[PDB]
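Below you'll find the structure, written out as structure tokens, and then a few comments.
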Amino acid sequence: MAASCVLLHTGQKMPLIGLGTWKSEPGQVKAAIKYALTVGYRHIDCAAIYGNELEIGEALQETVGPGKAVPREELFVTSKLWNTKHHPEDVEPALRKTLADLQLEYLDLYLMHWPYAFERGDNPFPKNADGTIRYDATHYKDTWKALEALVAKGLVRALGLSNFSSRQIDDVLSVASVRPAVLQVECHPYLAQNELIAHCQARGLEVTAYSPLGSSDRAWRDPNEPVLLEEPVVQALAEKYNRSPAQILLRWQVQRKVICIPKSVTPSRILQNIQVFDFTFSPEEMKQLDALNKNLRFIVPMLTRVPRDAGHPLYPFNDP
Ligand SMILES: NC(=O)c1ccc[n+]([C@@H]2O[C@H](COP(=O)([O-])OP(=O)(O)OC[C@H]3O[C@@H](n4cnc5c(N)ncnc54)[C@H](OP(=O)(O)O)[C@@H]3O)[C@@H](O)[C@H]2O)c1
Ligand SMILES: NC(=O)[C@@H]1C[C@]2(NC(=O)NC2=O)c2cc(F)ccc2O1
């Protein structure tokens, strides 16, 4: 396929570039999936909360499997367990719904989307009349053991974590019979995650960078905050290498051996996003991109300012 891979501790090879699907709407996502698969993507990043798994499933049924264009075994599919589904009794039903929507037998990777839980039910964002969330106190260690039962059932090959801090990861590892294979977190030159990455490396977790292009797609942008794709150093390197700024951002990550899942529905961008394995940055150029680190996080749960979940005791970002 188009991308090089990293070996997870499970023995699975995970492509260093995957297709992100948040905000890829029903009515466009089937085309994005089909285009990406045809040009050599072998890694898709999904989530129940994105509201598009049913359509992704139609794309997969037509394109992936026996007698189809892509063998199932060559495809890496990630999905994620949503916050309202942390209770042990809800974990299997949640995965089974995802598998039915995606029209798959099994997932290659299943992540706990966030370390904290929302009230059980069929409202993905259960809330009060003030707009604040109704939380649930199910601990992630309890959810983890429920997730482990899914591996024993042959429904998921590997488990992982999304938006966990180093302390929370260590906490999961203290009870894990099945070790998490992957940590998925926001990561790009403004939020380099150097220490967290080193932490994962020590414990055998590979890291996937979400929002690796700075999620210019996002609906709550501070006009005052810098745009990653517009960073002068990035644009300078883009000119030098005859590449797009997005390719610079992506190259930086895959050169660090960090998995990236850029989202696009634009065929030309989908193609360029995976073409990041034919050039290399010098040690000085890597240092220049490394210097951009500024502890600037773009992806934070917000309400009607203001951080929505930032006051929760199990909020992952409050640690350094
Ligand atoms: N685990 C989590 O809590 C979590 C959180 C956030 C994201 N994610 C995952 O990570 C994925 C990526 O993050 P993201 O979607 O927030 O943002 P992103 O991939 O950093 O950026 C997406 C935006 O960049 C544009 N784009 C894509 N390729 C481009 C290119 N080559 N040149 C210029 N613009 C380009 C896209 O526009 P077009 O589509 O119109 O081309 C879209 O507006 C998500 O889709 C999701 O799968 C996970
Ligand atoms: N702002 C945030 O931190 C998160 C991000 C997030 N996108 C994502 O891929 N995982 C997320 O949880 C998201 C996705 C949704 F479908 C709705 C809201 C939402 O908010």
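The numbering of chain A matches the PDB entry: 1-304, 309-324, in order. Remember, it's 1-based here, ligands and their atoms both numbered in the order they're listed. If you're wondering, the header gives X-ray crystallography, 1.9 Å.
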Task: Drug at ligand 2 - done: fidarestat
TODO: Find the chain in most contact with fidarestat (ligand 2) and give its name from UniProt.
DONE: Aldo-keto reductase family 1 member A1
Task: atom 17 (C) of fidarestat (ligand 2): the protein heavy-atom neighbour that sits closest, reported with distance to 0.1 Å - done: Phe125 CZ, 3.9 Å
- [ ] Could you find the nearest protein heavy atom to atom 5 (C) of fidarestat (ligand 2) and give me its residue, atom name and distance?
- [x] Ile299 CG2, 3.6 Å
TODO: Identify the covalent link of fidarestat (ligand 2) to a chain by residue and atom.
DONE: none
Open item on the list: Return the closest protein heavy atom for atom 14 (C) of fidarestat (ligand 2) as residue, atom name and distance.
Closed with: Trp22 NE1, 3.3 Å
Open item on the list: Looking only at protein heavy atoms, which one is nearest to atom 16 (F) of fidarestat (ligand 2), and what is the separation?
Closed with: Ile49 O, 3.3 Å
Open item on the list: Could you tell me, atom by atom, which parts of fidarestat (ligand 2) come under 4.0 Å of a heavy atom of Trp220?
Closed with: 1 (N)
TODO: Mark whether atom 10 (N) of fidarestat (ligand 2) lies under 4.0 angstrom from at least one protein heavy atom.
DONE: yes
TODO: For atom 3 (O) of fidarestat (ligand 2), grab the closest protein heavy atom and report residue, atom and distance to one decimal in Å.
DONE: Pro301 N, 3.1 Å
Open item on the list: Within the 4.0 Å heavy-atom shell around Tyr50, which atoms of fidarestat (ligand 2) are there?
Closed with: 8 (C), 9 (O), 10 (N), 16 (F)
TODO: Name the organism the PDB gives as the source of chain A.
DONE: Sus scrofa
Task: Distance from atom 12 (O) of fidarestat (ligand 2) to nearest protein heavy atom, with residue and atom - done: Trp114 NE1, 2.9 Å
Task: Residue, atom name and distance, where the atom is the protein heavy atom closest to atom 1 (N) of fidarestat (ligand 2) - done: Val300 O, 3.2 Å
